[PDB]
Engineer: 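Here it is, the structure, as structure tokens.
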Amino acid sequence: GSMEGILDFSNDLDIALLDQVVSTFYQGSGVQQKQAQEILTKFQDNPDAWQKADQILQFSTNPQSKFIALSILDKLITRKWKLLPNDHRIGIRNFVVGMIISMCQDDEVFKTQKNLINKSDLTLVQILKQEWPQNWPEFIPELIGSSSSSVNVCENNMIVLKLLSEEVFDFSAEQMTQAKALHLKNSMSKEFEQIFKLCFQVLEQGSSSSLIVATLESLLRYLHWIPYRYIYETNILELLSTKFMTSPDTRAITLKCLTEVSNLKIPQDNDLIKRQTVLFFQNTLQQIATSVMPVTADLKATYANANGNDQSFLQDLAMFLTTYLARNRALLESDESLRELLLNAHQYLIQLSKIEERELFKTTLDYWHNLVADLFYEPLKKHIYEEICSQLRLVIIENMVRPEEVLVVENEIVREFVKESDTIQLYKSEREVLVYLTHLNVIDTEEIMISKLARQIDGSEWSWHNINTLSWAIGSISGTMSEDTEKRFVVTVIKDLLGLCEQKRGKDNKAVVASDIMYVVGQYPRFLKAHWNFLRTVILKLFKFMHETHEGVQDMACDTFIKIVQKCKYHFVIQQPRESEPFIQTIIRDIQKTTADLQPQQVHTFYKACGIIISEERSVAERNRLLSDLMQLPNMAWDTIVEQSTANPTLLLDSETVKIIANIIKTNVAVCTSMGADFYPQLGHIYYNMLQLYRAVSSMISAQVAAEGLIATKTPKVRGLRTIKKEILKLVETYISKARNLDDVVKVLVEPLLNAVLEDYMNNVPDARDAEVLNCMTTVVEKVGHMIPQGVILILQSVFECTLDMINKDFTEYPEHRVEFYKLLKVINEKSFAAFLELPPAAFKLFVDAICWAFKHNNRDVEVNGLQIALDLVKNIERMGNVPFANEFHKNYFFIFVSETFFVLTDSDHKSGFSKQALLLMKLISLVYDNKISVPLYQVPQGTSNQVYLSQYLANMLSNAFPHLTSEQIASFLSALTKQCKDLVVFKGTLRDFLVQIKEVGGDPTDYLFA
Amino acid sequence: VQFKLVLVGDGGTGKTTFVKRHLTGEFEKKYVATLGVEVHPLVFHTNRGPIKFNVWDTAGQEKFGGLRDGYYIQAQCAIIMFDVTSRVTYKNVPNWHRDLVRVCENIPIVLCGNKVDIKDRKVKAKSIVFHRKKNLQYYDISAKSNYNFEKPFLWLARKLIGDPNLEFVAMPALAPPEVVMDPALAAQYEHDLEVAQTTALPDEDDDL
Amino acid sequence: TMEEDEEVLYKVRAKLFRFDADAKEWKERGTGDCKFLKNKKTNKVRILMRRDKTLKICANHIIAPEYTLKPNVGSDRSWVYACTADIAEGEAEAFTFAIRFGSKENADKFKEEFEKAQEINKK
Ligand SMILES: Nc1nc2c(ncn2[C@@H]2O[C@H](COP(=O)(O)OP(=O)(O)NP(=O)(O)O)[C@@H](O)[C@H]2O)c(=O)[nH]1
Ligand SMILES: NC(=O)[C@@H](Cn1cnc(-c2cc(C(F)(F)F)cc(C(F)(F)F)c2)n1)c1cncnc1
Ligand SMILES: [Mg+2]
């Protein structure tokens, strides 16, 4: 309605109308809320709204209105303070101070308007950052003094000090210049002796919990930076570790304080400070045992119940114990009078480790890793923790998370859908600790596992969960036992797991136990390599599971097969005793039967595993014969499908034919992936007809686009035809990236390839171009680019301009072409730079445009390569020396790269590339200050050094782009920046100082003398 | 039984896409920066009754920040969002958290690392620890694949209602009506349907 | 829950879309189990579909005999059809739906069951 009236500043501000807009926004809904929101934003953003701030704080009845008024002052203080006349600055200060004093002395306002007082405190801290201590050196004395006049004021002064400490020490790195951060840090350091007095007095005095909690909250911040003596040379550790642990109001913050105290590294040679570090830990653990919970308490149940703040307290306790013990447990390990304290602390951690809470388990597990790694190396330590470690073996074995390989899950035992990567890292961490624990006592670990197993056979503890967690634990400790103990151990586990399969014979049953046996056996290849008779049986059993109707078991059997093959492949190529032929022979002969019930993706994995085996045969003649045997089925289907495609080239209309072709190529891709350079004979068998097929399917796609429109590219038919092209490109890329005979690559493969792919890419409409063409060409250039200078030129001509036109209208369309495009330019620039030298001057300008275009992407893939291309290009030009092309390059493009780099450095939208942007800028600047540009960069009096002109160019560029800077700021900045162009670290700090200063008015130019 | 939830994080981390997925079930591929804040009600059915979140989906881009921390007033819970493919968005998590808890000093907060569906992950799991000292719950999530997409709201609902055994429950399904098509516009849904028939469905390479 | 007076004639995993005619784009509405439910009292068969983890209703409507499953130009494993009375979001709205399945065999089986259900509702 008339809510917009408050946006008009001709008249005075209708405070009541303002409060209605605010209430409509916070308490409203729907369209009125949405309109009030826009109005309030416009109101806040008005460069004069700050003048209305004090009359809103005087006459408003809505605390949110006053909050928004303070946000308006904050914006003014942090960005425009030094542009205000000095009188407006004192008025704002006095008003903010008075409003704070006024709100504290009204005991009712102090209770109910907490947010509004916190916001005012923060606003006051913003004024301190600008004015303190140089223009207010009595703030801290007056704050200390005023703390006695009232309890509410004293409590609120702790909030102000807390916020100041945060703004100066914790959050200054990004918000202030180096010089100003150091100024305020030194200023607080110089006056902290007094602050600590007030803080320690309040803590010893002890008014009520409100003022104590606020004082401790501030102390937590101080502990980030204050000298050690304030903590160890006073009585404050006794207070923290006893007094304030007893009351639950102060226990949470005190524990966080003691955690911070713990994390410092003590002077490791003074006995007193050591005894004090022991003492506050001893006090803290005693207070927990007597006031909160004894060491026997069931923390798992307490956490699950989640009364009050129990969950946060247990989290904080875990953090305190792990933090302190990782730093200081050695202090407790020698003195026998401290052994109970040491073990009790670790017993609390054992209990914390049973809580059901993944993130909390990771925190304790991190600590256990720290401990067991230390007991694995440090002499004479592991016996101390024997009973702890024994309990920990149980905790980890019973809480193993499902490994990647186990594809069966319950929801009814069915098949996985997703990749749980939050669980991937967790499993790795559980495995690491359990492996260490097994090394520390291999007998205890076996006894736990064998007994738990013995109670699965009995059905005494049977369940999905118990057999699974146990099986995963058993698999995860592979490699910790000696071959002999492992031998006896695995035998026992397998025998007992087989017996269990016969007993729990439902279909869910058998799928659980099948997955567990597959996991275990897949984890013990060393055992398989030494027991061929068992290995053969396992493989045949996996082949049988390839016909399982349960899709999870079936898929897992294929993964276990290739996983075993990767480790045991050598035992499949040799002729074993008692065997009529290498087992690879037996696998190949029955491959159609074995894989008949598998999905195509699973068939390809099978073929890939056969390729791993075949590559172990180093007799070339025998290997190639294995290769042709393996490829018998796809090559026969290929020979059939190509004789029937050459004659009447229309049978490719058949969707069933297109699917058959794609699976043939996918099979070749699979085998090529594992055989690499050894694949070449098979590639040669299909290569010519495969590129002819590429051309034929290309004509079909173009014909369909012409007859049906661009929408044809979405149809199942055209998508299937493009799959053929993409897989062909993938096969050629896969081989070339592993090829060892590059002469054959150049003389046999490259020319037919380019003839088949480049013009087709160039002359298709954009929506029909395959970005995989670019990816294939990147590999070609990477591996043989140096041998095909004319082929690289041909690649550029065919794909450069037409791809650029696809991606230079926005940052979003054709995202895959975008990424592959700049990967291609990158490799060409670094391996065949000559191709860019032969470019026509107009096309070389598009190349520069293309690089700078990459700069402005937010997509990290494009941005990083763009910055790298620019840096490699500059290097490429510098390497040419003093010749016309280099000289013309600098004249035409040097200042384009400097200004484009500066633009992305300063626009606040490309923070992620700061490091590379700075590197590129430092290189560019260093070119001039090393006189490595042998031509004037200008068109200015003659004889001027390029150094002088660069400073003039940059000063003028910055003056016009950031007109709120003074001439002296710009000049000081450039002076510091140019002097530092050989010291990347300091150079970067100076750029960061500049990015701070451009966000405010009145920045001090001497800040750039910091280094 | 409604709770104010503020959602904060760097621009482009997927806050609005995440809420929209929960509102309508859709996945919005386009990035349209939020301007200030967008408020949407969001109800979940639980074994303890319906719980309603008033989701204040705030802007992450500074140039669109609007009232900034003014949005946080009276929030009863929050989600802090970052993007596991953008390290800078994790490095800013402590800044968002600072500004949030200065206004809301004692509320349940979930930290969410979004976009775990993308293969080239940059913020490794092992380096995500900011939540430990700050008592935040953490989840890997993907608004695109729905990985863990419900867990931030399930956890928040448990903390707000005070029942750790709270679970989502199937909403009852009323009998649907028996409506015959309209012959007055029967000659018209030839057009609206033809358009829909010839507009290709998105993401045809997905498992579903 | 309001479903125990019903028999499950057919169940399949699916992803359901709704056509936004204004933006000329399909928009995902939910992924989960698509069920054909026959009311034991009235013998009327309906589609009922719930999202995977929130279990929220994303489809609830009679399999009317006047509906016809059409193909989508981009897929061999989806069906498009117009719905006049769907109460998943509350008030019976009209929608143009598309439902996609994991395979062409699932989509075809769905069409078979969808047409059988139409005969049952033809009574
Ligand atoms: N691959 C992927 N992309 C996602 C995911 N979630 C969101 N996105 C994408 O991230 C981009 C940003 O979308 P958006 O939800 O608006 O992020 P935002 O944080 O709300 N932006 P702002 O804070 O500026 O308003 C979109 O392109 C979206 O498709 C995801 O889970 N996976
Ligand atoms: N008695 C059985 O064979 C049961 C138990 N059982 C299940 N899997 C196995 C089983 C599984 C494997 C495998 F790791 F390779 F997969 C190996 C062997 C072995 F040791 F014989 F070499 C047996 N045994 C069965 C259960 N479910 C599906 N198939 C078989
Ligand atoms: Mg948004």
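Note on naming: letters A, B, ... go to the chains in the order of the sequence lines (proteins, then strands), and numbering restarts at 1 for each one. Computed over heavy atoms, backbone and side chain alike; hydrogens, waters and symmetry mates excluded. Order of appearance sets the numbers: ligands from 1, and atoms from 1 within every ligand.
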Engineer: Any idea which macromolecule ligand 2 contacts most in this entry, and what the PDB entry calls it?
Structural biologist: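 Most contacts: Exportin-1.
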Engineer: Which drug does the model show at ligand 2?
Structural biologist: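 It's recorded as KPT-8602 (bound form).
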Engineer: Return the chain letters whose heavy atoms come under 4.0 Å from KPT-8602 (bound form), other chains only.
Structural biologist: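 By heavy atoms, the other chains are A.
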Engineer: Report the nearest protein non-hydrogen atom to atom 12 (C) of KPT-8602 (bound form): residue, atom name, distance rounded to 0.1 Å.
Structural biologist: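 Going by distance alone, atom 12 (C) of KPT-8602 (bound form) is nearest to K541(A) CG, 3.6 Å.
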Engineer: What's the entry got as the organism for chain A?
Structural biologist: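 The PDB lists Saccharomyces cerevisiae.
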Engineer: Which part of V538(A) is near KPT-8602 (bound form), with near meaning a heavy atom under 4.0 Å away: side chain, backbone, both or neither?
Structural biologist: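 For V538(A), backbone and side-chain atoms both sit under 4.0 Å from KPT-8602 (bound form).
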Engineer: Which atoms of KPT-8602 (bound form) sit under 4.0 Å from any heavy atom of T537(A)?
Structural biologist: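 Every atom of KPT-8602 (bound form) under 4.0 Å from some heavy atom of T537(A): 22 (F).
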Engineer: Can you name the atoms of KPT-8602 (bound form), numbered from 1 with element, that are less than 4.0 Å from a heavy atom of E502(A)?
Structural biologist: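 With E502(A) as reference, the close atoms of KPT-8602 (bound form) come out as 1 (N).
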Engineer: Less than 3.5 Å between some nitrogen or oxygen of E548(A) and one of KPT-8602 (bound form), yes or no?
Structural biologist: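 No; every N/O pair is 3.5 Å or more apart.
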Engineer: Of all the non-hydrogen atoms in the protein, which one sits nearest to atom 28 (C) of KPT-8602 (bound form), and at what distance?
Structural biologist: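 The protein heavy atom lying closest is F545(A) CE2, 3.5 Å.
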Engineer: Got the closest protein heavy atom to atom 25 (C) of KPT-8602 (bound form), with its distance?
Structural biologist: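 The closest one turns out to be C501(A) SG, 3.1 Å.
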Engineer: Hey, which atoms in KPT-8602 (bound form) end up nearer than 4.0 Å to a heavy atom of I517(A)?
Structural biologist: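 Those atoms are 8 (N), 9 (C), 11 (C), 12 (C), 14 (F), 24 (N).
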Engineer: Among all protein non-hydrogen atoms, which one is nearest to atom 19 (C) of KPT-8602 (bound form), and what is the separation to 0.1 Å?
Structural biologist: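 Answer, as residue, atom name and distance: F534(A) CE1, 4.3 Å.
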Engineer: Check each heavy atom of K544(A) against KPT-8602 (bound form) and say whether those closer than 4.0 Å belong to the side chain, the backbone, both or neither.
Structural biologist: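 No part of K544(A) comes within reach of KPT-8602 (bound form).
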Engineer: Could you tell me whether KPT-8602 (bound form) has any atom less than 4.0 Å away from a heavy atom of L498(A)?
Structural biologist: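 Yes; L498(A) lies near enough to KPT-8602 (bound form) that a heavy-atom distance drops under 4.0 Å.
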Engineer: Within the 4.0 Å heavy-atom shell around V521(A), which atoms of KPT-8602 (bound form) are there?
Structural biologist: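 So the atoms of KPT-8602 (bound form) that pass are 14 (F).
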Engineer: Working on a figure here: which residues of other chains come under 4.0 Å of KPT-8602 (bound form) (heavy-atom distance)?
Structural biologist: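 Sure - by heavy atoms, that gives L498(A), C501(A), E502(A), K510(A), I517(A), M518(A), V521(A), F534(A), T537(A), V538(A), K541(A), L542(A), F545(A).
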Engineer: What does the contact table look like for KPT-8602 (bound form) (nitrogen or oxygen on each side, cut-off under 3.5 Å)?
Structural biologist:
from: KPT-8602 (bound form); atom 1: 1 (N); to: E502(A); atom 2: OE2; distance (Å): 3.3
from: KPT-8602 (bound form); atom 1: 27 (N); to: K510(A); atom 2: O; distance (Å): 3.4

